[PDB]
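Structure (with (S)-(-)-nicotine).
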Amino acid sequence: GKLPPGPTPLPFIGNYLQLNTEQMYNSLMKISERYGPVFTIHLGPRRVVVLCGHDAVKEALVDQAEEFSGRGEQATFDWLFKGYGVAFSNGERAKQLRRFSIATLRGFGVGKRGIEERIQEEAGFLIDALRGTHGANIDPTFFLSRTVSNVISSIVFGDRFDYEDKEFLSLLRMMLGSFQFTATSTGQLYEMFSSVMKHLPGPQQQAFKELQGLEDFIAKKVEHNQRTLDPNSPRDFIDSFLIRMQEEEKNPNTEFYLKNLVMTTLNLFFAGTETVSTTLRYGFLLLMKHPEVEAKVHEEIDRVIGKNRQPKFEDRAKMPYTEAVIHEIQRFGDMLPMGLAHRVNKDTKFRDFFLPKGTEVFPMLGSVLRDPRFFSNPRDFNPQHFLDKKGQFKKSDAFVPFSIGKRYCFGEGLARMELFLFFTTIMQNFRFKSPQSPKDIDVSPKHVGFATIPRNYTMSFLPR
Ligand code: HEM
Ligand SMILES: CN1CCC[C@H]1c1cccnc1
């Protein structure tokens, strides 16, 4: 008969007086200390059930998986996507788009050799580019995102972008500004009060324009692809989707139409660019702050692999310390703190509470990555979190940065391959120094909201 407890809201504003839009994660955690790991919060007029720590999140998303498999709102992205595409759909749409995308991703070689060689080759152009700097002092931002983007772009668009291409650069700028915006106070305030704020001047309009620009681009590529489409041989993800469109025109409740094509392709391009990009970014800063951890990775690379051969994905099994470090980077980086919002499909019973149909659910993925029962020093950067006393790699059940449950990151295979081979080919060739001193490096997040954004920095790439 009852909603979980939480602080008393006010009309329209909800729990505004208890939330700090600069630090929403620290706000919900603070309310947690008082109310328990399972509480109700009103983000303006939206009613939201928050789940903190491993047990509550798992119990929701794994044990009652089917009830918690809907999608709640992320307002900024909703403005553009409007319930279309894979990421921000629900019900029958998501289930259909999700299964298409997974099967197609498998068909383009994901988690197999075709994509390994494409990443290996693409990692080559990155080294080359990084040498083309001659150890000068640079922003690594768009060096990483150009290399990262090209992997998913081979798959969605059919071929890589050229690095000098001015439109490519413009797209990666759109992506980074959009994403960043969601991590700002204004972006979080935008989560409570969007119905008024969408009609107002400020940083949000900029975000809309970048998203529109990204939509403008995919929508053009598609018109192109439609006219040289060869139905028995797809060049790309766009082709595959267009073929499925034909096969299904005689079904009027099909999910396969133009609008879901544009939006899903956008999902992949955006998610397959900015996540790995940002994680590599954060990860570089972390290693520079911790140069002792940097040397053991080097040591372990020089012995399983060498100077000679390109690193390959299966090289990880014999490289326990490097895998611990990659996990610890993802663990500390905390890409999305509050996950993507969930919602219950139906009236649901959960631990003595009742959630009416339609209730938004925040599973706080950041609080699982920081759960004290699973990690000895949660707020520190410490590879030993993923190693035994033997130095073998150890799994954690709270390593959930890709989430869990019905709506899990189906990009996981790809990201993990990319994360591994990109971290490893770069450090094979380079060691990192910064203009700044290891004890003076700020590894605290620049922005925390929907995403976790590392501070702006510069570094140099010096050969080995
Ligand atoms: C640093 C790497 C990445 C992280 C930390 C990450 C994390 C996540 C998270 C937390 C979700 C939400 C899951 C949920 O709602 O419970 C998600 C979903 C999703 N991700 Fe990733 N991801 C990463 C890489 C990628 C890549 C490379 C792709 C490209 C194919 C991708 C595509 C997607 C899509 C389409 C969804 C929506 C799935 C759905 O709604 O059912 N992600 N990811
Ligand atoms: C970054 N992402 C991982 C989960 C959703 C996905 C995303 C976010 C915004 C726009 N498109 C895709």
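Numbering of chain A is taken from the PDB entry, so the residues present carry the numbers 31-494, in order. So how was this one determined? The header says X-ray crystallography, 2.5 Å. Both counts, for ligands and for their atoms, begin at 1 and track the order of listing.
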Mapping of (S)-(-)-nicotine to structure: ligand 2
(S)-(-)-nicotine (ligand 2): macromolecule with most heavy-atom contacts, named per the PDB entry: Cytochrome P450 2A13
4.0 Å heavy-atom contacts with (S)-(-)-nicotine (ligand 2): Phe107, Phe118, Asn297, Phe300, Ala301, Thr305, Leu370
Ligands or ions near (S)-(-)-nicotine (ligand 2) (under 4.0 Å): ligand 1 (protoporphyrin IX containing FE)
Residues of chain A binding substrate per UniProt, non-hydrogen atom under 4.0 Å from (S)-(-)-nicotine (ligand 2): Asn297
Ligand-residue contact atoms, (S)-(-)-nicotine (ligand 2) with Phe107, heavy atoms, under 4.0 Å: 8 (C), 9 (C), 10 (C)
Nearest neighbour in protein (non-hydrogen) for atom 6 (C) of (S)-(-)-nicotine (ligand 2): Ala301 CB, 3.6 Å
Under 4.0 Å to a heavy atom of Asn297 - the qualifying atoms of (S)-(-)-nicotine (ligand 2), by number: 11 (N), 12 (C)
Atom 5 (C) of (S)-(-)-nicotine (ligand 2): nearest protein contact (heavy atom, Å): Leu370 CD2, 3.8 Å
Heavy-atom nearest neighbour in the protein, as seen from atom 1 (C) of (S)-(-)-nicotine (ligand 2), with distance rounded to 0.1 Å: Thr305 CG2, 3.7 Å
